[PDB]
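All chain A residue numbers match the PDB entry; in order, they span 342-676, 681-686. Side chains included, hydrogens not; waters and symmetry mates left out as well; all remaining heavy atoms used. Just follow the structure's listing: the first ligand is 1, and inside any ligand the first atom is 1.
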Amino acid sequence: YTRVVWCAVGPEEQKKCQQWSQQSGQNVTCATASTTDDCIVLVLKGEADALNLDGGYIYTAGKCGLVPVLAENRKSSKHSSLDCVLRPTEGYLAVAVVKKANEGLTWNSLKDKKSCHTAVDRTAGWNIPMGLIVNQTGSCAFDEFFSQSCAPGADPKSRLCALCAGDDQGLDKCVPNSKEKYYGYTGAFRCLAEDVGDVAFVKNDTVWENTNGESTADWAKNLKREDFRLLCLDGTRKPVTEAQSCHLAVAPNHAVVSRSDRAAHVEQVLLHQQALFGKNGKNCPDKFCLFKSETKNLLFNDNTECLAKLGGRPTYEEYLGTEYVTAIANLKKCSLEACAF
Ligand SMILES: *[C@@H]1O[C@H](CO)[C@@H](O[C@@H]2O[C@H](CO)[C@@H](O[C@H]3O[C@H](CO)[C@@H](O[C@@H]4O[C@H](CO)[C@@H](O[C@@H]5O[C@H](CO)[C@@H](O[C@H]6O[C@H](CO)[C@@H](O)[C@H](O)[C@@H]6O)[C@H](O)[C@@H]5O)[C@H](O)[C@@H]4O)[C@H](O)[C@@H]3O)[C@H](O)[C@H]2NC(C)=O)[C@H](O)[C@H]1NC(C)=O
Ligand SMILES: *[C@@H]1O[C@H](CO)[C@@H](O[C@H]2O[C@H](CO)[C@@H](O[C@H]3O[C@H](CO[C@H]4O[C@H](CO)[C@@H](O)[C@H](O)[C@@H]4O)[C@@H](O[C@@H]4O[C@H](CO)[C@@H](O)[C@H](O)[C@@H]4O)[C@H](O)[C@@H]3O)[C@H](O)[C@H]2NC(C)=O)[C@H](O)[C@H]1NC(C)=O
Ligand SMILES: *[C@@H]1O[C@H](CO)[C@@H](O[C@@H]2O[C@H](CO)[C@@H](O)[C@H](O)[C@H]2NC(C)=O)[C@H](O)[C@H]1NC(C)=O
Ligand SMILES: CC(=O)Oc1ccccc1C(=O)O
Ligand SMILES: [Fe+3]
Ligand SMILES: [Zn+2]
Ligand SMILES: [Zn+2]
């Protein structure tokens, strides 16, 4: 009657999608691809309907016709009387994080160090820090800036993948999906935590959700926030409590996208699904919780409170904002209307 095919990236997302499919009585069904870009293509072909995307991918999807439908909303102190689904989004803070013990490392001495990125093309892990680095160095050779990195989605034989570890068997090194040990917000933070890299380009929230006992993961259980510092654009180092005055930029929240012609439909189904498996849902945590995967951020971020309606009914450019869009455009000149497929 009103059924939606979700696109999952990699085997772990596929498994979560299947459980959701099952519990939804197949109001939702699953398609799987190895990368986010491949999922976008399935959506364009009409073989999948939707998936939730980081803003860097929304820019890609947007140029090819896809539109934002609902956005991730997390916990807030302000707008509190308003229901989550109607509450305006706030965005997240992109930060650069280092170990306190790595003394004297600042924004201005990052050259030739080792970096941990969520994935190529993502907002906090790539577009913001590389855009800044390209601007302040006046060169498009962002591949020669760090000595070694893990940036999932880059050429596996390049320096940008040297620090990537692949899966439990060493396969799939540097793939941009959760099979890669250092992929995503959690993987990049882990890459820093294990001292594989000197700096991780993540979001403020990641630091908090993976320290001081907030995560039981064996690599994270003994991590304390005091052992980390944020790098500020002014060359200072600050504690992680100061992200409001020490971030690289404010990113637009991850959002669900779909083909324009399927948007109304996707929106209707998802609003019903979250009533069922969302934060206060009929069936979470009883049977299935859509916004939980045990700090793995599968399909949606684990800190998501709800998916919220947009309003003003954005175009992708308005959703991302003119500040962010010009940032991406300029970075992309190193590698304006065309379809990347
Ligand atoms: C970086 O990322 C991290 C991780 O995402 C961010 O940290 C997180 O922030 C949230 C809150 O923003 C944490 O949430 C929770 O903690 C709350 C505090 O214990 C819990 O209780 C409150 O929840 C309610 C929200 O609905 C709110 O309740 C009210 O607060 C009023 C004041 O704001 C209060 O009024 C009294 O307040 C004062 C008392 O001393 C007096 O001055 C006043 O006169 C008055 O008496 C009301 O009575 C009422 O209680 C309130 O906003 C609290 O948040 C809540 O249940 C929940 O558990 C979240 O845990 C936390 N994550 C982690 C891992 O720590 C961080 O903010 C980010 N940083 C940046 C810069 O963005
Ligand atoms: C790397 O460097 C790149 C080169 O600088 C950089 O590219 C871009 O950098 C600028 C930031 O986007 C951009 O400048 C524009 O400035 C104006 C911003 O004005 C509006 O916003 C302000 C918000 O802070 C408000 O205070 C003002 O009220 C104002 O509204 C542009 O907007 C105009 O706004 C007013 C209307 O109020 C009006 O006069 C205009 O009609 C228009 O609406 C203005 O047009 C500039 O575009 C700059 O153009 C752009 N540079 C290039 C070459 O594209 C990139 O951001 C850097 N990368 C990173 C990651 O930092
Ligand atoms: C599968 O989707 C359908 C459509 O939303 C759901 O069936 C609806 O049940 C509600 C609850 O009263 C009614 O308002 C609708 O009229 C029903 N739709 C029709 C006309 O078939 C069903 O709840 C969904 N199942 C799950 C588990 O998500
Ligand atoms: C509010 C929405 O339409 O757009 C924005 C929000 C912040 C900054 C810029 C924009 C915009 O449209 O450019
Ligand atoms: Fe992101
Ligand atoms: Zn700021
Ligand atoms: Zn508009």
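- Drug at ligand 4: acetylsalicylic acid.
- Taking the chain with most contacts, the partner of acetylsalicylic acid (ligand 4) here is, per UniProt, Lactotransferrin.
- The binding-site residues for acetylsalicylic acid (ligand 4) (non-hydrogen atoms, 4.0 Å) are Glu659, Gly662, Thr663.
- Between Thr663 and acetylsalicylic acid (ligand 4), a contact under 3.5 Å exists for at least one N or O pair.
- The shortest contact between atom 8 (C) of acetylsalicylic acid (ligand 4) and any protein heavy atom is with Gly662 CA, 4.2 Å.
- The entry attributes the source of chain A to Bos taurus.
- Of the protein's non-hydrogen atoms, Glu659 O, 3.2 Å is the one closest to atom 2 (C) of acetylsalicylic acid (ligand 4).
- In chain A, the residues contacting acetylsalicylic acid (ligand 4) fall mostly within the UniProt domain Transferrin-like 2.
- At under 3.5 Å, not a single nitrogen or oxygen of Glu664, backbone or side chain, sits near a nitrogen or oxygen of acetylsalicylic acid (ligand 4).
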